[PDB]
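This file shows Peptidyl-prolyl cis-trans isomerase A, N-terminally processed complexed with ciclosporin.
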Amino acid sequence: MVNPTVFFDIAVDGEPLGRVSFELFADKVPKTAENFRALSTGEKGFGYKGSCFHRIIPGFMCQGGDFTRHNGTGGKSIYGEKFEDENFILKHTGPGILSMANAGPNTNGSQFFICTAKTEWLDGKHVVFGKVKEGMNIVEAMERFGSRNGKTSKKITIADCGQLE
Amino acid sequence: XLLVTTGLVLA
């Protein structure tokens, strides 16, 4: 097998910024990886295309994936509303880590975050499932529009997304 | 604080 590679084309207030590609660890967290992959292609009839990163905190992370409420209160998995924490094998070791947002144990939906720093305090509480493969510079650029409380200064959207591998 | 929740963001 080969781990799937997905991409997001990011736009800032409608201006294309660049492409970020992620490697999804299907070999370690197959269910979580599959959920993110399907949501990136939109094959189930819903997904990330057109959604925004609603909360960005410099030196911490960029959060997005709420394609229903667009405010951090929505989103859903391809398995129904929410699914279990698959495993906590991987850790939040440094910049580029892709991890699942939640509202407590076993509440994974569609929201995720990209770490821009090692965030060890989230280990064992959030399921790590992939990492930035290319375009980490785009993630850094995105960080500039964030703020301490998370509010973004420009609308950061996923203009297009899909699978590459 | 620095959490990544969905609905009730905490300190």
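Simply put, chain letters go A, B, ... down the sequence lines. Just so it is clear, chain A uses the PDB entry numbers, and the residues here are 1-165, in order. Note that chain B is numbered according to the PDB entry, with residues 1-11 shown in order. Hydrogens, waters and symmetry mates are skipped; everything else that's a heavy atom, side chains included, is used. Modified residues keep only their parent identity, or become X, and their further atoms are not part of any contact count.
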Ciclosporin - positions in model: chain B
If you map the residues of chain A that touch ciclosporin onto UniProt domains, which domain comes out on top? PPIase cyclophilin-type
Please list the residues near ciclosporin, using 4.5 Å as the heavy-atom limit. A:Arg55, A:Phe60, A:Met61, A:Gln63, A:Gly72, A:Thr73, A:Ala101, A:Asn102, A:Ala103, A:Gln111, A:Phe113, A:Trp121, A:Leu122, A:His126
What residues of ciclosporin make heavy-atom contacts under 4.5 Å with chain A? B:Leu2, B:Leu3, B:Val4, B:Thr5, B:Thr6, B:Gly7, B:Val9
Any idea which donor-acceptor pairs are under 3.5 Å between chain B (ciclosporin) and chain A?
residue	atom	partner	partner atom	Å
B:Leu2	O	A:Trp121	NE1	2.8
B:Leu3	O	A:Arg55	NH1	2.9
B:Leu3	O	A:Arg55	NH2	2.9
B:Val4	O	A:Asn102	N	3.4
B:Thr5	O	A:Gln63	NE2	3.2
B:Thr6	N	A:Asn102	O	3.0
B:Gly7	N	A:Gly72	O	3.2

